[PDB]
**Q** 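Working on a deposited model featuring proflavine. Questions ahead.
Within every chain, numbering begins at 1; the chains are lettered A, B, ... in the order of the sequence lines, protein sequences first and strands thereafter. For the numbers below, each heavy atom of this structure counts, side chains included, while hydrogens, waters and symmetry mates do not. Indexing begins at 1, ligand by ligand and atom by atom, following the structure's order. This deposition comes from X-ray crystallography, 3.0 Å.
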2 protein chains.
Amino acid sequence: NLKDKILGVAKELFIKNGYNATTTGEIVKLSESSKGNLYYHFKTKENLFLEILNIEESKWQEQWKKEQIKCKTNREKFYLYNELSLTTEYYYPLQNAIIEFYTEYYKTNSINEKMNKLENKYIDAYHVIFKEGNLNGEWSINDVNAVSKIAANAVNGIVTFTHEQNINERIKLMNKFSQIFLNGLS
Amino acid sequence: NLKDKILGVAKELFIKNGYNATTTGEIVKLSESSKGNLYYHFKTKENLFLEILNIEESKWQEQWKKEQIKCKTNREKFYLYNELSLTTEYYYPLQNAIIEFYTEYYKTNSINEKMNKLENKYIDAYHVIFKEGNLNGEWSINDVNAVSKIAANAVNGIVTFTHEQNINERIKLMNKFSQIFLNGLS
Ligand SMILES: CC[n+]1c(-c2ccccc2)c2cc(N)ccc2c2ccc(N)cc21
Ligand SMILES: Nc1ccc2cc3ccc(N)cc3nc2c1
């Protein structure tokens, strides 16, 4: 594909290097396509990137729907979502590239904008889990949005800043966390 | 001292031009030293930078040693310390050179090894709050080292991935989080 092989080499470059480490010269070299092509659906580098973020956030949110049935209760969905977070091939592997990118465009205006419709997909998962959990007496949480946001970020932290120690310790810690967290809501 | 003048000049350069832009040539000239002396004291830019980082951790440890006096109980030191990490990174100049550096040296083992004897120092603060909290029966944690690795990374997550919200909100969340986490140990 054309408008898609671009996004493909893109996602990869952004992961295998950094947000800046990969420049348009590169995309149009490994994806092969006149600089112009990169101008339709992608009105900028921050578009090509803020684009992939949406795909990714989606591919994951979907993989999660197709894997969350293994969780009978929400207290179980909480643990599961967090544990899966550690192993997907989606979204979470671009957290570094995002940190970077948000430190080099957070000045522009449309930065804190797209980072809204996207931030809502991101904390959705927890939102559903914590809300559906009040309807299920599992716990009682007045400020759901707060907690979703907290949990989403805490988790992303555990996932991102420990991506160096053996996968089994990572999942071990993440569970102790999910454990401590939920025990804090009741 | 010529060693110290190099660390000083280099810090400033990294802060103004960033990690990538600062060459060792500049560092050598502005500190009135030589490629040889620099090589002898640090070997590489990556090492130079990690040494700056080590020194920064220390000043931060010392700063904490004084600040915590404000916090009588460890429950308090926990809340406090999390708030400090939040607010202080907000206006921490090296922060950008740091991002730029980490997301560019987490594959290498040279930079992945020393980068961890460093992270360990950050984690120790929590280690202490937690160990000491046990002896005062504020809580009872049988796995202090783990709970520590968790707090450390859960917190950076909230610090690092909430940058799009206004400061009071961020601090509101961080305190809510400290509240929940501390509650799940009870
Ligand atoms: C896992 C290390 N680590 C920390 C870090 C985490 C806990 C304590 C000290 C530093 C980090 C902290 C901030 N603010 C921003 C980016 C990074 C980062 C980025 C990439 C990477 N590969 C490791 C990274
Ligand atoms: N990797 C590192 C090393 C040392 C650090 C020292 C700091 C001092 C104050 C502050 N607000 C953030 C800091 N972050 C650091 C991150």
**Q** Specify every chain or ligand assigned to proflavine.
**A**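 You'll find it at ligand 2.
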**Q** Help me with this one: what macromolecule has the most contacts with proflavine (ligand 2), named as in UniProt?
**A**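 It sits in most contact with HTH-type transcriptional regulator QacR.
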**Q** Other chains with a heavy atom closer than 4.0 Å to proflavine (ligand 2): which ones?
**A**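 By heavy atoms, the other chains are B.
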**Q** In the entry's source annotation, what organism is given for chain B?
**A**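 Going by the entry: Staphylococcus aureus.
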**Q** Report the other ligands and ions found less than 4.0 Å from proflavine (ligand 2).
**A**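 Neighbours of proflavine (ligand 2): ligand 1 (ethidium).
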**Q** With a cut-off of 4.0 Å on heavy-atom distances, which residues and nucleotides contact proflavine (ligand 2)?
**A**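 At that heavy-atom cut-off, the site is B:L53, B:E57, B:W60, B:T88, B:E89, B:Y92, B:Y102.
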